[PDB]
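Notes follow once the structure below has been shown.
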2 protein chains.
Amino acid sequence: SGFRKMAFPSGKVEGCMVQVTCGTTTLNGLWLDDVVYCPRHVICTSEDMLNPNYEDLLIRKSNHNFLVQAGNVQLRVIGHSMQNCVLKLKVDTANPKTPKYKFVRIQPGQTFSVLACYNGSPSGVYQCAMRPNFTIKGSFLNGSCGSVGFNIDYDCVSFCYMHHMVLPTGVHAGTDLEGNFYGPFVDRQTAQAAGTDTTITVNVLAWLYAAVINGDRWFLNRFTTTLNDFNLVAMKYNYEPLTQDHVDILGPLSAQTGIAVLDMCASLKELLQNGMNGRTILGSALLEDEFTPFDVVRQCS
Amino acid sequence: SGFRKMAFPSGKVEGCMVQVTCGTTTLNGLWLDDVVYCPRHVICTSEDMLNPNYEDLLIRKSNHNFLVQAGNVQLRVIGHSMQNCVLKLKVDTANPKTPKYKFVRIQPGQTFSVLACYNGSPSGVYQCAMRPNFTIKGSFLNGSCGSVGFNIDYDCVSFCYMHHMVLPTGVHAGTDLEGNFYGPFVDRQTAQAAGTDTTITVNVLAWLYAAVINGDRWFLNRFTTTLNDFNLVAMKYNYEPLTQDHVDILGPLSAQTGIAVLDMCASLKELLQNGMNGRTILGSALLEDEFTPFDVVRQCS
Ligand SMILES: CC(C)(C)[C@H](NC(=O)C(F)(F)F)C(=O)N1C[C@H]2[C@@H]([C@H]1C(=O)N[C@H](C=N)C[C@@H]1CCNC1=O)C2(C)C
Ligand SMILES: CC(C)(C)[C@H](NC(=O)C(F)(F)F)C(=O)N1C[C@H]2[C@@H]([C@H]1C(=O)N[C@H](C=N)C[C@@H]1CCNC1=O)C2(C)C
């Protein structure tokens, strides 16, 4: 009953958050087994950000130039390397709170929980989504670098994101846990374009399905639409084109509500062209696109 | 950078979640020290909900009629009592994961994080607020009874809420950790009125202050307003009347943005009478009222 944008329980991730201090720069790290992961720009000063040569910058750094603080217990650094944009600091002591984990590169449109670490410690948790421009609309202040995005399958944590930078628009960019940036972004202080931020169409349909389950039906229309004609009005409104795969993913919601996928797309076409006229759907006046169909299925059962 | 409705890290609360099974009814409990707290309606069947005499119902129950499951370790019940609407089950083993905690009755308008326990285990976390009608707009399915609301001050957990029922409107009602319901609600299956759900005015002003800090200023107007004249247009739009205390709480945001409180109320008056004209503030077309001024201060520093 009721629909909320809830995140996974961050208990398994809080036990892996550490502080990495290189010189005067500090940020958060991920302590899994005997390796600490953090953005490689921790080794840069206020000047190096404009044009950093991370290879030349890391060469002048040694193992002892890294302060890894886990609450109060310091970790001895026995090795370091650079995998793309992530810094892998091998420590002596393995984390006893290491959960079952794996690394995964998340596709645009998929959601994940973010443990935002303000003021040098786990401070908040929220649910967000990977936008088509490979940016996220989150909440990151100074000291939030190293904040990780993750998903939890029963007992396994799927770490997928690590925050690095904020675009001049205010949106955020980051990498996966193997160092590769999501999008055409590079860890360097310079004006970078994000690109057109289209709307995840399959997530919007999943949110409309969640509205029917929760009682809101005013938007249910008396029309239908084909797949190509819906995509015609989709490109005009900066919506991603719907594919037959997206129809298959929305399978369980169509069978649970008795509303076919193409009928739901027909309704969505009317909301784009006519607006909501001030009305609300699930307490919002905007088509929400931060709910994957798997998130709706999880919460509605 | 960026504004999100983030919740506190639920790591300290997950270690206190247990399953309480009385007969065929199961729900979640709060294992603090050697006491387990849960809604007292766990002892009711499907029929007792219509007209329960909890005293007569609890008399026919003994210590062994309560299955307290903490993951896999069962807890031996050595005592039980009824404090208003909460069931205090004294167990033999004290919870080793018991954090520094205390109980607090939250005032309407204040926010707190909720660890929603779907399917018999901690499943999600979200931030919500106590509405003026003492209800909350959350996400609670069957088996969510026993889900707790809490706030975290550095190391101390302030447990303030426990979910019990859902109103026929879909909104949720609950009690504090001493058993007293928030509002005129009673644990009994019968049509109960929630009352007029006014808008927390001080929270809306705090959200507008957060919009100025984040760059959105289109709503900043060129007028001012007194306190009594703003309350005149406040009652018309189902907004709570602003008091001089509310002005004092908004102190830090006015001194940080250089915008006086009465000037911010002047802007808010224009949004109520003219709407947003389809525009957005912090990515929303509705005046958000689930951010206390302390939440904005926490996230904007
Ligand atoms: C806009 C800015 C000029 C700051 C820059 N932006 C671009 O370079 C862009 F234009 F490409 F975005 C940027 O983000 N950084 C500068 C530099 C990293 C990152 C950075 O130091 N960030 C802060 C470090 N703790 C955390 C931020 C600050 C506020 N809130 C946060 O979370 C790197 C790209 C290597
Ligand atoms: C609407 C209903 C008739 C169900 C009733 N409502 C009213 O009695 C009211 F009209 F007062 F609201 C109600 O909530 N309950 C019946 C009964 C308790 C509660 C209840 O058994 N709840 C479920 C138990 N696990 C969890 C719910 C179900 C869906 N999602 C949830 O979270 C008590 C008031 C003692």
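Each chain is given a letter, A onward, matching its sequence line's place in the list. Here chain A follows the PDB entry, giving residues 1-301 in order. We number chain B the same way the PDB entry does; the residues here are 1-301, in that order. We count ligands from 1, going down the list as the structure has it; atoms in each ligand are counted the same way.
Taking the chain with most contacts, the partner of ligand 1 here is, per UniProt, 3C-like proteinase nsp5. The drug seen at ligand 1 is recorded under the name nirmatrelvir (bound form). Other chains contributing a heavy atom less than 4.0 Å from an atom of nirmatrelvir (bound form, ligand 1): A, B.
Per the entry, the source species of chain A is Severe acute respiratory syndrome coronavirus 2. The closest approach between a heavy atom of A:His163 and any atom of nirmatrelvir (bound form, ligand 1) is below 4.0 Å.
For atom 23 (C) of nirmatrelvir (bound form, ligand 1), the closest non-hydrogen atom on the protein side is A:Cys145 SG, 4.0 Å. The protein heavy-atom contact nearest to atom 9 (C) of nirmatrelvir (bound form, ligand 1) is A:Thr190 O, 3.4 Å. Using a 4.0 angstrom heavy-atom cutoff, A:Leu27 does not count as in contact with nirmatrelvir (bound form, ligand 1). Every atom of nirmatrelvir (bound form, ligand 1) is numbered from 1 in the order shown, and the set under 4.0 Å from a heavy atom of A:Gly143 is 25 (N). When only interatomic distances are considered, the shortest N/O to N/O separation between A:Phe140 and nirmatrelvir (bound form, ligand 1) falls below 3.5 Å. Counting only non-hydrogen atoms and rounding to 1 Å, the UniProt active-site residue of chain A nearest nirmatrelvir (bound form, ligand 1) is A:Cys145, 3 Å. Between A:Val186 and nirmatrelvir (bound form, ligand 1), a contact under 3.5 Å exists for no N or O pair. Residue A:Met49 places no N or O, backbone or side chain, under 3.5 Å from any N or O of nirmatrelvir (bound form, ligand 1). Residues of chain A contacting nirmatrelvir (bound form, ligand 1) are concentrated in UniProt domain Peptidase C30. Residue A:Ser144 places no N or O, backbone or side chain, under 3.5 Å from any N or O of nirmatrelvir (bound form, ligand 1). At a heavy-atom distance under 4.0 Å, atoms from both the backbone and the side chain of A:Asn142 approach nirmatrelvir (bound form, ligand 1).
With the cut-off at 4.0 Å and only heavy atoms counted, the binding site of nirmatrelvir (bound form, ligand 1) comes to A:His41, A:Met49, A:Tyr54, A:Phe140, A:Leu141, A:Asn142, A:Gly143, A:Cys145, A:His163, A:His164, A:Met165, A:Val166, A:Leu167, A:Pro168, A:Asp187, A:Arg188, A:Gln189, A:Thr190, A:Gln192, B:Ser1.
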